[PDB]
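Down below is the structure, laid out as structure tokens.
Throughout, numbering of the chain's residues begins at 1 and tracks the sequence. Note that ligands are numbered from 1 as they come in the structure, with each ligand's atoms numbered from 1 the same way. Values below: all heavy atoms of this structure, side chains included; hydrogens, waters and symmetry mates excluded. Per deposition record, X-ray crystallography, 2.1 Å.
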Amino acid sequence: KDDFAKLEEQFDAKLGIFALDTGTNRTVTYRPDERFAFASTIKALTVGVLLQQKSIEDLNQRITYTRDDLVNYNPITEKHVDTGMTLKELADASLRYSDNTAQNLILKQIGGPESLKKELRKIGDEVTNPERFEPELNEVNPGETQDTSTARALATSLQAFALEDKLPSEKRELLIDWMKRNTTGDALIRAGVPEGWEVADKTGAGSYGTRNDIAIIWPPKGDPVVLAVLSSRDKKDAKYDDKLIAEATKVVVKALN
Ligand SMILES: *C(=O)/C=C/N[C@@H](C(=O)O)[C@](C)(Cn1ccnn1)[SH](=O)=O
């Protein structure tokens, strides 16, 4: 646990780590049960739940929306107000670009934050606590439990949809394929794994310099590793440093080797 403490001192941040080798049941933990704002990592679990409810052809359904439906950061969705987008394309934009309107439209389709919460409780996640849409969910103050979870619960919930029987294999593959092709995580978990390791991740960023990455990772040979790396800082307007997540990942890899 001293390598993580030194990282917490170097980057002046609090770290939350849970890693599991699905093949050996070896874990690496550090503040595994401390709450952090989940931020955009919730996008992964939201698509997890959508996949539970929608058939593949349901995903071809066109969703119309307006300029007023758009929020702060909509890289894909703002470009398609006139024509709408299929659920499939919204999931793609939400996961790989972290498009906030895409997320919000998907969350509405599943019934809103309380419905997402209920579905997570059903799969045994008693920790994750969604209450809000994007971008307001990204802002969580100290001591608050709204829109928070833990390294352990995020990893376990991600593990549930991507690797266990919470989704049938084809839908697992679809989720994994989107997350493999994520565009926002090059400097995080991806930067901390050895050459030839495959990564499917979702990133998050929030107030208090909160910087998260959750992933399934595959060594060259062997079973996948489930990893959540969460972080926050003590000032509301703090900047995060991606190098903290990359280095923490390197510690996880070393400890698992
Ligand atoms: C999901 O994690 C999306 C996060 N968006 C952040 C960000 O990228 O830092 C925005 C754009 C800015 N931000 C950070 C903290 N509070 N606002 S916004 O969508 O929250």
Got a name for the drug at ligand 1?
tazobactam (bound form)
* To do: List the macromolecule sharing the largest contact count with tazobactam (bound form, ligand 1), named according to the PDB entry.
  => beta-lactamase
Handout entry: tazobactam (bound form, ligand 1) binding site (4.0 Å, heavy atoms)
Key = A39, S40, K43, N72, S98, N100, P135, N138, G204, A205, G206, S207
Ligand-residue contact atoms, tazobactam (bound form, ligand 1) with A39, heavy atoms, under 4.0 Å:
2 (O)
> Under 3.5 Å between some N or O of tazobactam (bound form, ligand 1) and some N or O of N100?
Replying inline: yes
Protein contact of atom 5 (N) of tazobactam (bound form, ligand 1) - nearest heavy atom, named by residue and atom, plus distance: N138 ND2, 3.7 Å
Tell me the residue and atom bonded to tazobactam (bound form, ligand 1) through a covalent linkage, or none. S40 OG
Does any N or O of tazobactam (bound form, ligand 1) fall below 3.5 Å from an N or O anywhere on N72, backbone included?
yes
* atom 2 (O) of tazobactam (bound form, ligand 1): nearest protein contact (heavy atom, Å) -> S40 OG, 2.1 Å
Starting from atom 6 (C) of tazobactam (bound form, ligand 1), find the nearest protein heavy-atom neighbour and note its residue, name and distance.
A205 O, 4.1 Å
* Please check atom 20 (O) of tazobactam (bound form, ligand 1) for a protein heavy-atom neighbour under 4.0 Å. => yes
Exercise. Looking at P135, which atoms of tazobactam (bound form, ligand 1) are within less than 4.0 Å of one of its heavy atoms?
Worked result: 19 (O)
_Closest protein heavy atom (residue, atom, distance) for atom 15 (C) of tazobactam (bound form, ligand 1)_ = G206 C, 3.4 Å
Run the numbers for me: atoms of tazobactam (bound form, ligand 1), each under 4.0 Å from some heavy atom of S207, listed by number. 15 (C)
_Heavy atom of protein inside 4.0 Å of atom 12 (C) of tazobactam (bound form, ligand 1), strictly below_ = no
Specify the organism recorded in the entry for chain A. Bacillus licheniformis
Worksheet item: Looking at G204, which atoms of tazobactam (bound form, ligand 1) are within less than 4.0 Å of one of its heavy atoms?
Response: 2 (O)
Please tabulate protein-ligand N/O pairs under 3.5 Å for tazobactam (bound form, ligand 1), atom names and distances to 0.1 Å.
| unit_1 | atom_1 | unit_2 | atom_2 | d |
| --- | --- | --- | --- | --- |
| tazobactam (bound form, ligand 1) | 2 (O) | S40 | N | 3.0 |
| tazobactam (bound form, ligand 1) | 2 (O) | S40 | OG | 2.1 |
| tazobactam (bound form, ligand 1) | 2 (O) | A205 | N | 2.9 |
| tazobactam (bound form, ligand 1) | 2 (O) | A205 | O | 3.2 |
| tazobactam (bound form, ligand 1) | 19 (O) | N72 | ND2 | 2.9 |
| tazobactam (bound form, ligand 1) | 19 (O) | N100 | ND2 | 3.2 |
| tazobactam (bound form, ligand 1) | 19 (O) | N138 | ND2 | 3.4 |
| tazobactam (bound form, ligand 1) | 20 (O) | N138 | ND2 | 2.9 |

